[PDB]
Trainee: 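Here we have a deposited structure with tacrolimus present.
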Amino acid sequence: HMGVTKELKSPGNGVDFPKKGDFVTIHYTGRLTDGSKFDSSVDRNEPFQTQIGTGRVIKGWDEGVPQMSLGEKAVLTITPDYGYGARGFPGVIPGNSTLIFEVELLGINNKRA
Ligand SMILES: C=CC[C@@H]1/C=C(\C)C[C@H](C)C[C@H](OC)[C@H]2O[C@@](O)(C(=O)C(=O)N3CCCC[C@H]3C(=O)O[C@H](/C(C)=C/[C@@H]3CC[C@@H](O)[C@H](OC)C3)[C@H](C)[C@@H](O)CC1=O)[C@H](C)C[C@@H]2OC
């Protein structure tokens, strides 16, 4: 999927992958391309929970996360068009920003890594 690239860092179980409509549990760290963190669920010590593939989150997550298996650690590199685009996200992300997320897939529906 063109606006997002996934780099596997450590494999999950290689069997359970999120599908459109699933609810996933994720720990993440987002950085801008200058290397600076803009947000982290890890530092916040709270897991992030959301439906995937239904537009609840940026396109880059919706298209990137279903490519990971349960337990996988990856990096999702997201073009502005698949992120917050020209506007950015007021108070956090400048307009026209590539987003780089470290993502750990901790849960899919009832299943847990
Ligand atoms: C009631 C409060 C808000 C409510 C916030 C929470 C549940 C708390 C939860 C931990 C979010 C974080 O709170 C510390 C914080 O996460 C960021 O820092 C971040 O790392 C980020 O980019 N994420 C979060 C992880 C998934 C990818 C992306 C996202 O898709 O986030 C989603 C997002 C912003 C979608 C927009 C929606 C508007 C569209 O126009 C735009 O389309 C381009 C896309 C978030 C999760 C929404 O679904 C839910 C919310 O908005 C945002 C920079 C701002 C966000 O706080 C606001």
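Nothing fancy with the numbering, it's 1 onward along the sequence. FYI, side chains are in, hydrogens and waters are out, and symmetry mates aren't considered; it's all heavy atoms of this structure. As the structure lists them, so they are numbered: ligands from 1, and atoms in each ligand from 1. Per deposition record, X-ray crystallography, 2.0 Å.
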Trainee: Supply the name from UniProt of whichever chain has more contacts with tacrolimus (ligand 1) than any other.
Mentor: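 The main partner is FK506-binding protein 1A.
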Trainee: Identify which UniProt domain of chain A accounts for most contacts with tacrolimus (ligand 1).
Mentor: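 It's the UniProt domain PPIase FKBP-type.
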Trainee: Check whether any protein heavy atom sits under 4.0 Å from atom 52 (C) of tacrolimus (ligand 1).
Mentor: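 For atom 52 (C) of tacrolimus (ligand 1) the answer is yes, since some protein heavy atom falls inside 4.0 Å.
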Trainee: Which tacrolimus (ligand 1) atoms does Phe38 reach within 4.0 Å, using its non-hydrogen atoms?
Mentor: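 The atoms of tacrolimus (ligand 1) under 4.0 Å from a heavy atom of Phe38 are 20 (O).
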Trainee: With the threshold set strictly below 4.0 angstrom, can you tell me whether any protein non-hydrogen atom sits that near atom 38 (C) of tacrolimus (ligand 1)?
Mentor: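 Protein heavy atom within 4.0 Å of atom 38 (C) of tacrolimus (ligand 1): absent.
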Trainee: Give yes or no for whether the N/O distance cutoff of 3.5 Å, strictly under, is met between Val57 and tacrolimus (ligand 1).
Mentor: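 By distance alone, the answer is no.
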Trainee: Checking contacts now, so for atom 14 (C) of tacrolimus (ligand 1), which I'm interested in, is there any protein heavy atom under 4.0 Å?
Mentor: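 Flag for atom 14 (C) of tacrolimus (ligand 1) set to true, protein heavy atom closer than 4.0 Å.
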Trainee: Given the protein's heavy atoms, is any one of them under 4.0 Å from atom 57 (C) of tacrolimus (ligand 1)?
Mentor: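 Protein heavy atoms within 4.0 Å of atom 57 (C) of tacrolimus (ligand 1) - there is at least one.
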Trainee: I'd like the name of whichever of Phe48, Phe89, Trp61, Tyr84 reaches closest to atom 31 (O) of tacrolimus (ligand 1) through any heavy atom.
Mentor: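 It is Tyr84 whose heavy atom sits nearest to atom 31 (O) of tacrolimus (ligand 1).
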Trainee: Give yes or no for whether the N/O distance cutoff of 3.5 Å, strictly under, is met between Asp39 and tacrolimus (ligand 1).
Mentor: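 Yes, at least one N or O pair falls under 3.5 Å.
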Trainee: Counting only non-hydrogen atoms of the protein, does one fall under 4.0 Å from atom 24 (C) of tacrolimus (ligand 1)?
Mentor: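 Under 4.0 Å from atom 24 (C) of tacrolimus (ligand 1), at least one protein heavy atom found.
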Trainee: Number the atoms of tacrolimus (ligand 1) from 1 as they appear, then name those within less than 4.0 Å of a heavy atom of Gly83, with their elements.
Mentor: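 Counting from 1, the qualifying ligand atoms are 43 (C).
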Trainee: Below 4.0 angstrom from a heavy atom of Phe101, which tacrolimus (ligand 1) atoms are there? Numbered from 1 as shown, please.
Mentor: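 Answer, ordered by atom number: 20 (O), 22 (O).
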Trainee: Quick one: what's in the binding site of tacrolimus (ligand 1) at 4.0 Å, using heavy-atom distances?
Mentor: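 The site of tacrolimus (ligand 1), heavy atoms only, is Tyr28, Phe38, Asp39, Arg44, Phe48, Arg56, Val57, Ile58, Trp61, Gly83, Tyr84, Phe89, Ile93, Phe101.
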